[PDB]
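Structure follows of salicylic acid associated with lysr-type regulatory protein.
Order of the sequence lines sets the chain letters (A, B, ...), proteins ahead of strands, with each chain counted from 1. As a basis for the values below, the full set of heavy atoms in this structure was taken, side chains included, without hydrogen atoms, waters or symmetry mates. Every number for a ligand or one of its atoms is a count from 1 in the order of the listing.
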Amino acid sequence: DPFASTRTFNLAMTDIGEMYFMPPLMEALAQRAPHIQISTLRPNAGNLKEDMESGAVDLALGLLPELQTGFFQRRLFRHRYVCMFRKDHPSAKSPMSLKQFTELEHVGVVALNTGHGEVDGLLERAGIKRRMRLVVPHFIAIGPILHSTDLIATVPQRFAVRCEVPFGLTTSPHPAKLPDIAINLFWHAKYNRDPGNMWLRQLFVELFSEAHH
Amino acid sequence: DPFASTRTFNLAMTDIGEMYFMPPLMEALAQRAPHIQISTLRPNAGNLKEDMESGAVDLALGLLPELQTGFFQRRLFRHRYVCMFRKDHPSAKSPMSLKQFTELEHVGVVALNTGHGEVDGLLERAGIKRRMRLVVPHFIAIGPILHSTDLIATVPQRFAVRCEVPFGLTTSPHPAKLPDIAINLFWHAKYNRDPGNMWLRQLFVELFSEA
Ligand SMILES: O=C(O)c1ccccc1O
Ligand SMILES: O=C(O)c1ccccc1O
Ligand SMILES: O=C(O)c1ccccc1O
Ligand SMILES: O=C(O)c1ccccc1O
């Protein structure tokens, strides 16, 4: 049944999603359905809405404003933005003050087709105009960049904690008031009742849902 | 007038390019041109050739055979593909044999609009069939994924070497016959004499060219 499938599922997610969702998913699949193949793609890859409609993309994961309307969507968890910097930073402290946040230099991330791109506008509207020497499209490059510079960054908490040891970095709670990050699972009405889709949806829900309350 | 420039330069490069190029560039810029901004994008974002022509993208860095004719270029350095897997993998050995390579499960990297996209085809044509359990679009997530699974991957060596300690990975010379990876810097002829472009190109050559 589930054990036997050799179906390939295609999943849209960010690079954080790849490092976060893939290892436990692979571990679960080796226990439960060891022949299933998984392919990922970034939320910006083509025509996400069209590709979910046609069935080329089975599921989408993340903070995804594109799909806020015509799609089924289930919340997996919430987490916050934190500030991150190298463990031996010459001046950065935790907790970091707004003043210090505005004094330091930043690397920014433009996560295309995600809601993370609201961050710069939200800070700007609060009067926090960062000295941002570098802007990159995506998140994982942030680890090595912070490891070998005095830059700081604003990043999702669940990504940050995964960088602390590998890249020798520390986090601070974020001095600015930023909304919570809702990481959701999305699917198109067409596959609402497809057995294989429901099974993979249920697995994501089981593996990744916040113990709510 | 480098020190006073507030120019934003738009650079096309991979996730590997960002981790490798950006920290020394960041350090040089703080010292020579602290008001310059650098914005990156992937080689696959929009269409590279037109954007370099328009000055939408100033410079491209990486393995980019589509720019190999009709663009200016300088070689920065060369390196090879290697096989990478977690240090305590139950069976994977270094050096890995081609037989073992064909037996183990892989994480593939599709790698669009770079030369790395060709790996699947050189292997497939040579008759080296891989059991591809997981496919991702880009390289940089391979580090965390190998660390926490039993998969193996084929990856650029200079990238692989930066993963070894952070993620507890080992490498092997690659059992298959694969081409060298030439990492070049490219620009369009139109900006050949643009002063800010010349200045930044020359900074990349200074910091990264082994030639
Ligand atoms: O921002 C995301 O896409 C994300 C994905 C998985 C886990 C945490 C995250 O912030
Ligand atoms: O349609 C499938 O191949 C399938 C896959 C996983 C679980 C249940 C299924 O029917
Ligand atoms: O593949 C790349 O684009 C690359 C870039 C910088 C250093 C090593 C690399 O392989
Ligand atoms: O001439 C410019 O516009 C310029 C900009 C940045 C760095 C060096 C430069 O000459």
Just curious, which ligands or chains go with salicylic acid? ligands 1, 2, 3 and 4
Which other chains are in heavy-atom contact with salicylic acid (ligand 4) at under 4.0 Å? B
Which residue supplies the protein heavy atom nearest to atom 5 (C) of salicylic acid (ligand 4), what is that atom called, and how far is it? B/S5 OG, 3.5 Å
Considering only the protein, which heavy-atom contact is closest to atom 3 (O) of salicylic acid (ligand 4), and what is its distance? B/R7 NH1, 4.1 Å
Considering only protein heavy atoms, which is closest to atom 4 (C) of salicylic acid (ligand 4), and at what distance to one decimal place? B/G196 CA, 3.6 Å
List the closest protein heavy-atom neighbour of atom 1 (O) of salicylic acid (ligand 4): residue, atom name, distance to the nearest 0.1 Å. B/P195 CB, 3.6 Å
Okay, heavy atoms under 4.0 Å: who's in the binding site of salicylic acid (ligand 4)? B/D1, B/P2, B/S5, B/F9, B/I36, B/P195, B/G196, B/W199
